[PDB]
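Worksheet: the structure to be examined is printed underneath.
For chain A, we keep the numbers from the PDB entry: what you see runs 30-494, in order. If you check the header, you will see the structure was determined by X-ray crystallography, 2.2 Å. Counting starts at 1 for both ligands and their atoms, following the listed order. When reading the values below, keep in mind they use all heavy atoms of this one structure, side chains included, and skip hydrogens, waters and symmetry mates.
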Amino acid sequence: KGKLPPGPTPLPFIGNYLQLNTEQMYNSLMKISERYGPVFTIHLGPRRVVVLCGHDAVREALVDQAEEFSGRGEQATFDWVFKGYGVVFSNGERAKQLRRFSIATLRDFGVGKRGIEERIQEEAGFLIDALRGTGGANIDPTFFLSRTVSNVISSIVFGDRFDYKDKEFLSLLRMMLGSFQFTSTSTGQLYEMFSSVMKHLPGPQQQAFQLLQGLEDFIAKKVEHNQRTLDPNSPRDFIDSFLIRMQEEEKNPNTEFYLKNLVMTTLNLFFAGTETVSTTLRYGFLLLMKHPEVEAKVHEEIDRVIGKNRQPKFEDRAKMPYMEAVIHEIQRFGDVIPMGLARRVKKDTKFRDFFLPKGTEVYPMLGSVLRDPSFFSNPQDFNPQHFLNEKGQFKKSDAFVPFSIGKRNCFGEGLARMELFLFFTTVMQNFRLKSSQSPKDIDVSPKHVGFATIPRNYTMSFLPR
Ligand code: HEM
Ligand SMILES: CCOc1ccc(NC(C)=O)cc1
C-alpha cells in the first residue's frame, strides 16, 4: 500500500481528542487497537503518532529496524525545560555525543562495578537505619525510599550523598515526584496534545513547570560551584568530567559540550536515576503486602542463601531465582513507563507494508508488551511464576521490556537492576511488612496512568525480623 497505518479520522488541530480519554490514555489507545490492529496512527492534537501494540510490533520496529526507529520523539512537559538539550530528549549528533559520554562517565564513576556496588550497599544500610528509627510505627514509605535511591545517582553526579535531614534535598524530591505524577494525570496527557496553547495558559501545568525550573536552578547552582573549584586533573564527579570535556572542546565551534548540555544531561541523570526506581520500590512493597505468601517465599530464600548477619551483595542474585522472579514481576506488574518514551523515524521508513515518513512520532506501548497474552499466562495478575519454570528456576522473557529495547534504550538499566536487587533484598532481610489494611482490601490498581504508572498513596510499617 505504501500508506501510513490506518486509524480513526482526525479533526483539524484537535486531532483524535474526541476519540480518546486523557485520564486513561493507555486504555483509549488499546481499545482503538482492537479495531485497527496492533500498528495504527493516532492524532494527539496536532501530533501524528504511530502506536505499536504487543510484543512483535514493538520488537520488529525497535530492534529489527533499530536504526530506523531510533530517533527521539516528544514528551511536551519535559521538553518545556530541556528544549531539545541534554541526553534524553535530544536527537542525532547531539544525542549521540551525550549518550556516548554519559555511558563512559557513569562507568569511570563505578557503574557496573564494585565501586557503585559498595555505594549501593552503604546507602542500603542507611535505609535500614532510617526504617529502624521509625520504631515499627505506621509511615509513608515514599520519601524514605526516594531519599536512598537518589543518593546513589547523587553520588555520581554531585560527588557525594545528601544528608537525609537536608530540607533542600526533600524539596528536590518533591519536585521530581510532582512533575512525574503530573505527566500521568489527565491534564498532563491533555498537555501532550495542546501544549501550543497550554504552556501560555494558567493551570496545573504552570506548577509542573515551576518544579522543573526548580530542578534546573539547583543543577545550574551545583555546576557554578564545581567550576570555581575545578581541578582539571582530578574530577570529583560527572559534572567535573563534563566541565573538563568542555575545556578540551573550547576551540571546536560545533561542539555538543557546552554549558546547556551539561546542565540538562545532569538533570536527566539526577531525575531518571531517582524517580523510576523509587516508584518501582514503592509499588514493590505494596505488591508484597497484598501477597504475604510471596513475601514468605522471599524470606525463605534470603535466610537460606544469605542468612541474618551479612549484607546482600550483587552476586547473591545468581543463587536467588525466586527473588529474581519477584523483582521481574514487580517491574512487569508496575509497568512504570507504560507507553515508553516517544521515538521517531530517522528517515523514510517501510514497516509491515506501511509507509512512515521521516520525522514520524512513534509510541512503543511497553505496557502492552509486559501484558502480552502470548508471553504471560495471566497478564493481569501478580504472579512471580511468570518468571519461573516448573523446577523453580528463573525463566527470562522476550516480553520483559521495562527499560525498552533498541538504540535509545535505557542506559541506566544496570544501575537500576543492581539497586532494585540490593534495596529489595536488604529491606526484606531486615523487616517483615505490615499494612494498615487487610491484604484482602489492598488496592494495587494505579492511582494514575499516563506517561508513568503511579501507585496509590499508602502507609505501612517495618517490623523487625
Ligand atoms: C526501574 C527503573 C528504570 C526504568 C523502568 C527506566 C525506563 C526507561 C525507559 C522506558 C526509557 C526510554 C528508552 C527508549 O527510548 O526506548 C529510558 C531511557 C533513559 N533512561 Fe531509564 N529507566 C530506569 C532507570 C534509569 C536509571 C537508574 C537511569 C540512570 C542513569 C536512567 C537513565 C536513562 C536515560 C539517560 C535514558 C535516555 C537514553 C537515550 O535517550 O538515549 N534510567 N529509561
Ligand atoms: C522514560 C525514561 O524515564 C524518564 C527519564 C527522565 C525523566 N525526566 C527527566 C527530567 O529527565 C523522566 C522519566
Tell me the name of the drug molecule at ligand 2.
phenacetin
Which partner chain accounts for the most atom contacts with phenacetin (ligand 2), named as in the PDB entry?
Cytochrome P450 2A6
Which other ligands or ions have at least one atom under 4.0 Å from phenacetin (ligand 2)?
ligand 1 (protoporphyrin IX containing FE)
Does phenacetin (ligand 2) have an atom that lies less than 4.0 angstrom from a heavy atom of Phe480?
yes
Using distance alone, determine whether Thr305 and phenacetin (ligand 2) share an N or O pair under 3.5 Å.
no
Nearest protein heavy atom to atom 7 (C) of phenacetin (ligand 2), by residue and atom, and its distance?
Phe300 CD2, 3.8 Å
What protein heavy atom lies closest to atom 2 (C) of phenacetin (ligand 2)? Include the residue and the distance to one decimal.
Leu370 CD2, 4.3 Å
Which other-chain residues have at least one non-hydrogen atom less than 4.0 Å from phenacetin (ligand 2)?
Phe107, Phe111, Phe209, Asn297, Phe300, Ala301, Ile366, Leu370, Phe480
